[PDB]
Structure formats: C-alpha cells, structure tokens
There are 2 protein chains.
Amino acid sequence: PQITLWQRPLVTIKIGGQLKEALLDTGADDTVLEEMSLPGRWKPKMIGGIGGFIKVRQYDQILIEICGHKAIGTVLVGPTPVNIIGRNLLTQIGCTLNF
Amino acid sequence: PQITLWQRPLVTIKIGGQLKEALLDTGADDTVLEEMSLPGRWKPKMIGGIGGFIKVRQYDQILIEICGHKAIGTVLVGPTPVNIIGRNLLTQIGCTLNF
Ligand SMILES: CC(C)(C)NC(=O)[C@@H]1CN(Cc2cccnc2)CCN1C[C@@H](O)C[C@@H](Cc1ccccc1)C(=O)N[C@H]1c2ccccc2C[C@H]1O
C-alpha cells in the first residue's frame, strides 16, 4: 500500500495469534510492543527516546505479521505507550519513504 | 527521493538560515528541534516520548526547507537528542510510506 501521513500510520499486526494495532515508525531503530508474554528466553535492553530511557525485554526470532506480510525478527517488550514497528522489521517488509 | 530504512532516515533541513540534520519520523506527530532561538513568541507545551514527557517551546508559522521542498507549520523546540521532522511537516512535502 501507500500510506500518507495525515493520520497516524497505524496498521494491524498479528502476533501470538492475536491482532493488535501498531504505529509504523521510521524514527524507531527497533520494534517495541506493550506488555505481553512471548515464547522463549529474553535478554535485557535499554532504549532511549524523548523523555529518557525505558528498560525492555528482548525476544529474538519472533514471527509477526504486518499487513499480511510475515516478518520473523527481534521484538522488544516493555512499557511503551503504543506498539511501535521500527526499522529492523520495516526493512524486512520492504518499506520505503518517498517524496 | 526514495529513502530506504537500513540506516536512520537523516536528511538536511534549513531553518533560520541554519543547515541542520534531522530525522524523518513517521512516528512523531510533531516536529521537535534541538534548543535554538526562533522569531516570535512561544506557548509552552508538554509532549511525551518513549521515556516520558519533556517541556518544549511551541512556535507557529515556521518555514523549514526539507531536501529543497518548503513546508510551513508548528515547530517545537526543546531538549531532544536528535532533530525530528514529524507528520505535521512530512505531509506538506508529500511524504509517504510504501511497501
Ligand atoms: C513528538 C515526539 C517526537 C516527541 N514523539 C515521539 O517521541 C513518539 C512517541 N510515541 C509514544 C506516545 C507518547 C505520548 C502520547 N502518544 C504516544 C512513540 C513513538 N515516538 C516516535 C519516535 O519515533 C521518536 C524517536 C526519537 C529518537 C530517535 C533516535 C534517537 C533518539 C530519539 C525515538 O524515540 N526513537 C527511539 C526508539 C523507539 C523504539 C524502540 C527503540 C528506539 C531507539 C530510538 O530510535
């Protein structure tokens, strides 16, 4: 698709057999989802944005479907205000910025 | 241009006759630039990022030059680590997300 930016670019993702809403976010290096339980072991990570750092949980090789495009990649879990799809998974599903 | 997302999407902007580098951020609602002096009076605002809220100064009716293209709109100035061009100005230059 082509998504213009007058509204937030929210798409629907499927992860863990659930459907969630997430923001497509070119300003985010990584993908962070709200507090959920995902399979397997986790490592620790701190990510910093505006307002400071949060401590999140890094899971690897997670399957997540964005607009019916399957990506398998690293997903962070933590107290983020919105689910954010960031560059590590945007590159996978072939996403560019155009003007 | 067609900007890919293997690296951060940094481009050159011009505001107040200064050249700056800044991030094309589809996840940002507003444009937030690093502490600098602008023409006009400002309203104060609280905007919230990933690690919580910061206080910014809001200037209206500001022209920025992004890769040639002019855009005018609200610009917030405040303690941000990186310069961020959000949706409010991304729309004016005709920016879209394509996959
Ligand atoms: C207006 C303003 C700019 C303040 N907006 C944001 O910060 C929004 C906030 N919401 C939330 C919100 C807050 C309040 C109200 N509604 C919504 C969540 C997403 N962001 C958008 C982010 O794209 C902003 C960037 C800024 C940045 C980039 C690089 C380095 C430092 C800062 C961001 O936070 N990116 C970071 C990031 C993000 C996720 C995972 C890893 C990493 C690393 C890093 O790239």
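Lettering: A, B, C, ... assigned in the same order as the sequence lines. Here chain A follows the PDB entry for its numbers: 1-99, in order, are the residues you see. The residue numbers of chain B are those assigned by the PDB entry, with the residues present covering 1-99 sequentially. The figures that follow rest on heavy atoms only: side chains count, while hydrogens, waters and symmetry mates do not. Note that ligands are numbered from 1 as they come in the structure, with each ligand's atoms numbered from 1 the same way.
- From cadazolid, indinavir, entrectinib, ziritaxestat, ergotamine, the name that belongs at ligand 1 is indinavir.
- The chain in largest contact with indinavir (ligand 1) bears the name, in the PDB entry, of HIV-1 protease.
- By chain letter, the other chains having a heavy atom closer than 4.0 Å to indinavir (ligand 1) are A, B.
- The residue-level binding site of indinavir (ligand 1) (heavy-atom cut-off 4.0 Å) is A:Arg8, A:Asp25, A:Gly27, A:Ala28, A:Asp29, A:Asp30, A:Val32, A:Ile47, A:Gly48, A:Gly49, A:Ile50, A:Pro81, A:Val82, A:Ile84, B:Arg8, B:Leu23, B:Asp25, B:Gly27, B:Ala28, B:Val32, B:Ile47, B:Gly48, B:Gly49, B:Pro81, B:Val82, B:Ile84.
- For indinavir (ligand 1), none of its N or O atoms has an N or O atom of A:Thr31 under 3.5 Å away.
- Taking a cut-off of under 4.0 Å to the non-hydrogen atoms of B:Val32, the atoms of indinavir (ligand 1) that pass are 3 (C).
- Each of the following atoms of indinavir (ligand 1) lies closer than 4.0 Å to a heavy atom of A:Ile84: 18 (C), 19 (C).
- Set against the non-hydrogen atoms of A:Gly48, the atoms of indinavir (ligand 1) under 4.0 Å away are 31 (C), 36 (C), 43 (C), 44 (C).
- Here's the thing with A:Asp25: one of its N/O atoms is less than 3.5 angstrom from an N/O atom of indinavir (ligand 1).
- Taxonomically, the PDB assigns the source of chain A to Human immunodeficiency virus 1.
- At a distance under 4.0 Å, no protein heavy atom can be found next to atom 15 (C) of indinavir (ligand 1).
- Checking only distances, B:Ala28 never comes within under 3.5 Å of indinavir (ligand 1), N or O to N or O.
- The nearest heavy-atom contact from the protein to atom 30 (C) of indinavir (ligand 1) is B:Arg8 NH2, 3.5 Å.
- Each of the atoms 8 (C), 20 (N), 21 (C) of indinavir (ligand 1) lies under 4.0 Å from some heavy atom of B:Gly27.
- Ligand-side atoms of indinavir (ligand 1) in range of B:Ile47: 4 (C), range being under 4.0 angstrom from any heavy atom.
- Interface atoms of indinavir (ligand 1) facing A:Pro81, defined by a heavy-atom separation under 4.0 Å, are 11 (C), 12 (C), 13 (C).
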